[PDB]
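Lab note: Transthyretin, tolcapone bound.
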Protein chains: 4
Amino acid sequence: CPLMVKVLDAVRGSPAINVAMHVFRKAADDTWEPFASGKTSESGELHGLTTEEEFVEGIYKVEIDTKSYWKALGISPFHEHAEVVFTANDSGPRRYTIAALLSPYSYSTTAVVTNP
Amino acid sequence: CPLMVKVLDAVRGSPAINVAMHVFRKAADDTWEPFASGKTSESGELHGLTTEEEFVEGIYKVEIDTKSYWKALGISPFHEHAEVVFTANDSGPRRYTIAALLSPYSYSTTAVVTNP
Amino acid sequence: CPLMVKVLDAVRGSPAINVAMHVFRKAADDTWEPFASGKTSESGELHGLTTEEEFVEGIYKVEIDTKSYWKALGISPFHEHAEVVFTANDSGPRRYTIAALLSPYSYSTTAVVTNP
Amino acid sequence: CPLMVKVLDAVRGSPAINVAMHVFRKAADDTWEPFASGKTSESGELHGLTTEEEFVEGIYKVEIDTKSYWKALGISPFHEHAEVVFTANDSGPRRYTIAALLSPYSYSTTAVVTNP
Ligand SMILES: Cc1ccc(C(=O)c2cc(O)c(O)c([N+](=O)[O-])c2)cc1
Ligand SMILES: Cc1ccc(C(=O)c2cc(O)c(O)c([N+](=O)[O-])c2)cc1
C-alpha cells in the first residue's frame with residue numbers, strides 16, 4: 001500500500017467513517033486527472049488506492065468530501081472539502097499515510113512518510 | 001475588511017511573513033476565476049483582499065503558497081500549498097478570518113466567522 | 001503585554017468567549033505557585049495577565065478550563081483542560097501569544113514568540 | 001489494549017520514535033499518582049500501558065516528554081512537555097487512542113474513542 005488515507009472526527013472522537021474522497025494527478029497541461037477514489041472504512045482508513053507500479057512521481061491531489069460527512073451528521077460545516085496537494089518523490093523508498101483531523105470549522109492534515 | 005488571512009509558523013513560533021496567496025471565486029461555468037491576491041505582512045496577516053461590495057455570495061478558494069515559504073527557509077515541505085475552499089455570505093454578509101498553522105509535513109486551517 | 005492567550009472554537013468557527021484559565025509558575029521547591037488568571041473576552045483573547053517586571057524567567061503553566069466551556073454548550077468533552085507548559089524569558093524578555101484551538105475531542109496549541 | 005498513545009512528527013513527517021511518556025491517575029487528595037509509562041516504538045505507538053481490569057474510571061494524565069524528543073533532534077522547542085488530561089468513562093465499552101502531533105512550537109492532541 002504505497003498510499004493510505006486516514007480521517008478522524010474531532011467532534012465525536014472517532015474514526016470518520018464512509019468519508020468519500022477522490023485522488024487526482026496533475027496532467028501535462030496543468031489539469032487534474034482522476035487517479036483513484038474510495039470511502040473510508042469503519043476504522044476511518046482508505047487502503048488500496050494505488051499500486052507501487054502505478055504511483056509514479058508527480059503532483060497528487062486528495063479531495064476529501066468533508067462537507068457531505070458533516071451534512072450527514074446534521075452539523076453545518078465551513079469547508080466545501082479538504083484538499084491535500086503534494087508531490088510524490090521517488091528519490092527514496094516511501095510509503096505515504098495522509099491523515100486528516102476534521103472539525104466543522106477547522107481541519108488539519110499531516111503526512112507520515114516512511115521507508116519500507 | 002470582510003476577508004483576512006493569518007498564517008503562522010509552528011517550527012519557529014512566529015508569524016509566517018511574506019507568504020503569497022491567491023483567492024479564486026467559482027464562476028457560473030464552474031471554473032475558478034481570480035478574485036484577489038497578496039502577501040502576509042510582518043504580523044503574518046493579509047488584510048484588504050476585498051470589499052463588502054465585491055465579496056458577494058459564492059464559493060471561494062484561498063491557495064496559500066506554503067511550498068515557497070518553506071523552500072526559502074531551506075526546508076522541502078510535503079504540501080504544494082494549503083487550500084481553503086468555502087461558501088461565503090450565503091445567509092448575508094459575514095466577516096471571515098482564515099488562519100493557517102504551518103509545519104513542513106502538516107498544516108491546519110480554521111475559520112472565525114463573525115456577523116457585523 | 002508580555003503574555004496573551006487566545007482561544008478559538010473549531011465547532012462554531014468563533015472565538016471561545018468567557019473561557020477561564022489559570023497561570024502557574026514553578027517555584028524553587030518544584031511546586032506550582034499561582035501567577036495570574038482571567039477569562040477570555042468577546043474576541044477570545046485574555047490580555048493583561050502580567051507585566052514585564054513580574055514576568056521573570058521561569059517555567060510557566062497555563063491551564064485553560066476547556067471542560068467548563070464545552071459543558072456550558074451542552075457537549076461532554078474528552079479533555080479536562082488544555083495545559084501549556086513552557087520556559088519563558090530565559091534568554092531575556094520575550095512577548096508570548098499562546099493560542100488554543102478547541103474541539104470536543106481534540107485541541108491544538110501554538111506559541112508565537114516575539115522579541116520587543 | 002484499553003489505552004494506546006501514538007505520537008507523530010510534523011517536521012519530518014514520520015512517527016515520533018522513542019518518545020518517553022508517563023501516565024498518572026488523580027488520587028483522592030488531588031495528587032498525581034504514577035500509573036504506567038513507556039516509550040513509543042518505531043511506529044510511533046505505545047501499547048500495553050494498562051489492562052481492562054486496571055483501567056478504572058478516573059482522571060488520567062499522559063505527560064509526553066516532547067522536549068527531550070526535540071532536543072535529541074537538535075531543534076529548540078517551546079513546550080516542556082505535552083500533557084493530556086482526561087476522564088476515563090465506563091458508561092459504555094471504550095478503547096482509547098490518544099494521538100499527539102508534534103511541532104517545535106505547537107502540538108495537537110486528539111482522542112479516538114471506540115466501542116469494541
Ligand atoms: C492532522 C492529524 C492529526 C492527528 C491525527 C490522529 O489523531 C491520528 C490517529 C490515528 O489513530 C492514526 O493512526 C494516525 N496516523 O496513522 O497518522 C493519526 C490525524 C490527523
Ligand atoms: C489552524 C490554526 C490554529 C491555531 C492558530 C493560531 O495560533 C492563531 C494565533 C493568533 O494570534 C490568531 O489571531 C489566530 N486567529 O485570529 O485565528 C490564530 C492558527 C491557525
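By convention in this document, chain letters (A, B, ...) are assigned in the order of the sequence lines, proteins followed by strands, and residues within each chain are numbered from 1. Counting starts at 1 for both ligands and their atoms, in listed order. Worth knowing before you read on, the calculation uses all heavy atoms, side chains too, and leaves out hydrogens, waters and symmetry mates. The header says X-ray crystallography, 1.6 Å.
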### Query
Other chains with a heavy atom closer than 4.0 Å to tolcapone (ligand 2): which ones?
B, C
### Query
Looking only at heavy atoms of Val112(C), does any of them come nearer than 4.0 Å to an atom of tolcapone (ligand 2)?
no
### Message
Can you tell me which residues in chain B that UniProt annotates as binding L-thyroxine end up with a heavy atom closer than 4.0 Å to tolcapone (ligand 2)?
### Response
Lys6(B), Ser108(B)
### Message
Test your reading of the structure: does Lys6(C) have an N or O sitting under 3.5 Å from an N or O of tolcapone (ligand 2)?
### Response
yes
### Query
Considering only heavy atoms of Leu8(C), which atoms of tolcapone (ligand 2) have at least one such atom less than 4.0 Å away?
15 (N), 17 (O)
### Query
Side chain or backbone of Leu101(B) under 4.0 Å from tolcapone (ligand 2), or both, or neither, by non-hydrogen atoms?
both
### Message
If the cut-off is 4.0 Å to any non-hydrogen atom of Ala99(B), which atoms of tolcapone (ligand 2) fall inside it?
### Response
1 (C), 17 (O), 19 (C), 20 (C)
### Query
Hey, is tolcapone (ligand 2) close enough to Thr97(C) that some N/O pair sits below 3.5 Å?
no
#### Entry: Entry source species for chain B
Homo sapiens
### For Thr110(B), atoms of tolcapone (ligand 2) separated by under 4.0 Å from a heavy atom
1 (C)
### Message
Within the 4.0 Å heavy-atom shell around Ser108(B), which atoms of tolcapone (ligand 2) are there?
### Response
1 (C), 2 (C)
### Numbered atoms and elements of tolcapone (ligand 2) in range of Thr109(B), under 4.0 angstrom, heavy atoms
1 (C)
### Query
Can you list, by chain and number, the residues with heavy atoms within 4.0 Å of tolcapone (ligand 2)?
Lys6(B), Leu8(B), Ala99(B), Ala100(B), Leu101(B), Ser108(B), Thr109(B), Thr110(B), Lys6(C), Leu8(C), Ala99(C), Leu101(C), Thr110(C)
